[PDB]
Every structure is written in structure tokens, then in C-alpha cells.
Amino acid sequence: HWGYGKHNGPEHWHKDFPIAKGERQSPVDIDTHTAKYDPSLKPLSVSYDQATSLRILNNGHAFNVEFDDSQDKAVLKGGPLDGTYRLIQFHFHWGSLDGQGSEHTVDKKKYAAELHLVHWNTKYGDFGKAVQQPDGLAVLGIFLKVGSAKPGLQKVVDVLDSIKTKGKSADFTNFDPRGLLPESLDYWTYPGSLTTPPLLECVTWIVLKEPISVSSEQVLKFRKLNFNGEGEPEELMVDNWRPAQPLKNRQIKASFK
Ligand SMILES: CC(=O)/N=c1\sc(S(N)(=O)=O)nn1C
Ligand SMILES: [Zn+2]
């Protein structure tokens, strides 16, 4: 099965998922000098005050925090989007070292980790239908850099012990994802794909320009997770990121000048 090790990592995915070599794959490098300011772009509208987190799960590739998405509780609108997108889960990608870990890069700069808030277009009725549509998902990407601790992340960091191996989950209620947002919502946007298999090209990416900072100690706790399941050989969950893919026929737009 696919993963991030040397025999089954990203450069192998195309043998099982040939869309890996598609025209609108993610992530990409954001060249800040060739991105186009588009004043047609609206501000983002993040409405997370009624969010209901349910659970945190180690799925063998990352950990996900899952939300109740059976109603318009936590939604994303505005920006380049049409319609209403519901939050279903968030997860991170991170590195073995502080100089790598993010999926997107900015003028080839890598960050220590990248947060993905995944949302699906309610007009398609459920997540599984949405991933079949070119406008079905909107993923908010936020970079993490190492510096001062992020207090709103510590609830997540503290439970990681209880989901160390693949397939473990824990109740994770009353977590407020607003505590993970930077001060500014300026962004870049481009049409792209999921960054793990099945690599479907159904995502409007919205990548925030301002990183959040987390402490060394917080990211170190990410690095103690396991890709393996309980009882199996320990393989630390690190470097679960996909490298930048060719931009091909796409334009990155910026909401700011
Ligand atoms: C969110 C979900 O159910 N799946 C995902 S989200 C995703 S990501 N990385 O955000 O692009 N990749 N995949 C396969
Ligand atoms: Zn992701």
C-alpha cells in the first residue's frame, strides 16, 4: 500500500494512481513574483463559532480531527468560492526536521508543517460525491513555523499520546478551530488536487500568506506518532508530505497586493 517510505512514497504513487501525473496536481511552489493580484477576489468568510469536533484519529498517514458536518455548523464561504463549504476535518503534514514538512512552498521556502482544513461543497450533498467534482472541495492551508508556542494547539498536542499507532481514535469534543488561525486572512488560490491518494483533482486551494508559529516542543510531539499499528515494528510518523508538483497550465492568484 502507498505511504511515505522509500519503497512506497510519492514517486511510486502513479503506478496505482495514474492521476498523480495529472494536469492539476498539488501541492505546488508559490512563486510570489508571478502570482497575479486579483481584486475580483473577495475576503474569506470563516464561520467556525458553531463548530462541533467529535474525534481524533491516527489513520496511519497523519492524525485527523473530525467534525460534525451533518449541518451548516462550521462553514467557509467567500474568497474564490461559490456556495457554502462545510468543515469535515483538519490534519497536518510535518517533517523530521524543522526545515521541512510543509507541502506547499513559498518561493521554494519550506515550513516546518502545514495545516489543512478540509471543506466540501454542500451542493453535492455528501463528501463522497463532492470529491468527484472539480469544485467539490476547498482546503484552507496554513503554514507552521517554529518559534513561540500556539496556545490553541496544545489541546491537540496533549491527546497525541492516546492515538500513537494506526487505527487508534479518541473522543475529542469542544475543540475550537478558531484558535488555529493567523491574524490576517490574505491568501493565494489555485485549482488543484488532494495531496494523498486518491489524488483527485477536486480542490480549490486557499493558502494563507501568514504562518502561525508553534514551539519546538509542540512539533516534537507530532514526531512521536507512529505510522505502524500497535504490536508492529515502530516507524515514526515523520515527513508525511508530498513534494511540489509542476504548475502546468495554472495561474496562482493573490487576494493582496
Ligand atoms: C479529507 C479526506 O477525507 N481526505 C484527504 S484530505 C487531503 S489533503 N491533503 O488535504 O489534501 N487528501 N485526502 C485524501
Ligand atoms: Zn493534507
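Residues 4-125, 127-261, in that order, are what chain A shows, numbered as in the PDB entry. In what follows, every heavy atom counts, from backbone to side chain, and hydrogens, waters and symmetry copies are set aside. Counting starts at 1 for both ligands and their atoms, in listed order.
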Main partner chain, ligand 1, name from the PDB entry: Carbonic anhydrase 2
Drug present at ligand 1: methazolamide
Residues near methazolamide (ligand 1), heavy-atom distance under 4.0 Å: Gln92, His94, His96, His119, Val121, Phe131, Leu198, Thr199, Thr200, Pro201, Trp209
Nearest-neighbour protein heavy atom for atom 9 (N) of methazolamide (ligand 1), which is reported as residue plus atom name and distance: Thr199 OG1, 3.0 Å
Heavy-atom proximity to methazolamide (ligand 1) under 4.0 Å: UniProt Zn(2+)-binding residues of chain A: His94, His96, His119
Heavy-atom proximity of methazolamide (ligand 1) to UniProt active-site residues in chain A: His64, 8 Å
UniProt domain holding most chain A contacts with methazolamide (ligand 1): Alpha-carbonic anhydrase
Closest protein heavy atom to atom 1 (C) of methazolamide (ligand 1), given as residue, atom name and distance to 0.1 Å: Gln92 NE2, 3.5 Å
Nearest non-hydrogen protein atom, atom 4 (N) of methazolamide (ligand 1): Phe131 CZ, 4.4 Å
Per-atom contacts, methazolamide (ligand 1) versus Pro201 - under 4.0 Å to a heavy atom: 14 (C)
Atom 10 (O) of methazolamide (ligand 1): the protein heavy-atom neighbour that sits closest, reported with distance to 0.1 Å: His94 CE1, 3.3 Å
Deposit source organism: chain A: Homo sapiens
Methazolamide (ligand 1) atoms in contact with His96 (distance to a heavy atom under 4.0 Å): 9 (N)
Short N or O distance, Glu106 and methazolamide (ligand 1), threshold 3.5 Å exclusive: no
Protein residue, atom and distance nearest to atom 13 (N) of methazolamide (ligand 1), heavy-atom basis: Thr200 OG1, 3.7 Å
Nearby ligands and ions, methazolamide (ligand 1), under 4.0 Å: ligand 2 (zinc ion)
Which residue and heavy atom of the protein sit nearest atom 7 (C) of methazolamide (ligand 1), plus the separation: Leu198 CD2, 3.7 Å
UniProt substrate binding residues in chain A within less than 4.0 Å of methazolamide (ligand 1), heavy atoms: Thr199, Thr200
